[PDB]
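Bound state: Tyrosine-protein kinase JAK2 + ilginatinib.
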Amino acid sequence: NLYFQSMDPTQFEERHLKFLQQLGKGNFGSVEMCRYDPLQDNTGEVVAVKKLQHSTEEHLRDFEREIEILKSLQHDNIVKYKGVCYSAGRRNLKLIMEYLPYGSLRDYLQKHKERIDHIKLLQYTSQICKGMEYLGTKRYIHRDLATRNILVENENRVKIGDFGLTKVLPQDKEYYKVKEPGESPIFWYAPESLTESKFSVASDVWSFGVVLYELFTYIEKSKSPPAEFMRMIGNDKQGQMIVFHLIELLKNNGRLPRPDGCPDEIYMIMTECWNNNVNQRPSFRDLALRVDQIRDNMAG
Ligand SMILES: C[C@H](Nc1cc(-c2cnn(C)c2)cc(Nc2cnccn2)n1)c1ccc(F)cc1
């Protein structure tokens, strides 16, 4: 009560944060490109600014937690936190980050195939794994690992880009049980997340297996995880029937197919991530080493 937590409300003053572009509407969030020009000279750093879409009390509280999570992370493959802008005369909150100029990995794969080959896909795979190793050291569970939530800095570097669903493990448990779910990315969820709302490092590994699938499908039309799972379950199914069939399919070893052109060894990594036995999934450290060994064992 007596002394409120630190903040730094002068680092990004709203009057000096200049709009450049709308980047996208995620899920209950909106991201802008802005320039922070404290000298009012038309210069300054370009930044990304994440804002809420629906400013309810619950969302503002969750957003503060998300900001604290991102501020606690410093790693080459995690988007860089810069600060907060307490706009509307210090009656609102906006998250300030570095700006990564190629956008989401999902869109980059679809729009920039001219500059993507398997070597790059393996580099991105390795980088995502390393970002996730780092999250695990903080006991953070991402819960939404998907190419749409990874950002592309340049042809040689990706970073995990959004943390809107990330949770902190309890001190005494190796999973977080989510007890008020919002919208759920079911086609990236491990079976125990679908059936028990349990999220862990191991369920992030399951989702990483879906990310790896995404990379090698080159986000081809009809090849996305939702499209392929719906083809397998039945395209006409709606509502909860989708979830019932997805669970039954996964529990009995139904899986996304090997993408066209995907090496057998890379599909093997996918299938090992997609183990119904949580403890038998590889760690992110195992995966980073294996991927980097594959890369390093190539000629040259
Ligand atoms: C919604 C936002 N969309 C978006 C689009 C583009 C873009 C499009 N086209 N081009 C040439 C660039 C750039 C950025 N950059 C950012 C965003 N947040 C922080 C740092 N950088 N974000 C986003 C996407 C994925 C993700 F994981 C986090 C945010």
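This chain uses plain numbering: 1 for the first residue, then up along the sequence. Order of listing sets the numbers, starting from 1, for every ligand and every atom in it. For the numbers below, each heavy atom of this structure counts, side chains included, while hydrogens, waters and symmetry mates do not.
The binding site of ilginatinib (ligand 1) (heavy atoms under 4.0 Å) is made of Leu23, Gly24, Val31, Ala48, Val79, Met97, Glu98, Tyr99, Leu100, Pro101, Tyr102, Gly103, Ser104, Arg148, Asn149, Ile150, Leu151, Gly161, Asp162. Counting the atoms of ilginatinib (ligand 1) from 1 in the order shown, those under 4.0 Å from a heavy atom of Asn149 are 27 (F). Ranking the protein heavy atoms by distance from atom 6 (C) of ilginatinib (ligand 1) puts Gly103 CA, 3.3 Å first.
Close N/O approach between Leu100 and ilginatinib (ligand 1) is found [any backbone or side-chain N/O within under 3.5 Å]. For ilginatinib (ligand 1), the atoms sitting less than 4.0 Å from at least one non-hydrogen atom of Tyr102 are 12 (C), numbered in the order shown with element in parentheses.
For atom 4 (C) of ilginatinib (ligand 1), the nearest protein heavy atom (residue, atom name, distance) is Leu23 CB, 3.6 Å. For ilginatinib (ligand 1), the atoms lying closer than 4.0 Å to a non-hydrogen atom of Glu98 are 19 (C), 20 (C), 21 (N). In summary, the atoms of ilginatinib (ligand 1) found under 4.0 Å from a heavy atom of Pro101, numbered by their order in the structure, are 10 (N), 11 (C), 12 (C). Given atom 19 (C) of ilginatinib (ligand 1), the protein heavy atom at minimum distance is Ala48 CB, 3.4 Å.
When each atom of ilginatinib (ligand 1) is checked for a heavy atom of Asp162 under 4.0 Å away, the hits are 27 (F).
The atoms of ilginatinib (ligand 1) that sit less than 4.0 Å from any heavy atom of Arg148 are 25 (C), 26 (C), 27 (F). Closer than 4.0 Å to atom 9 (N) of ilginatinib (ligand 1) lies none of the heavy atoms of the protein.
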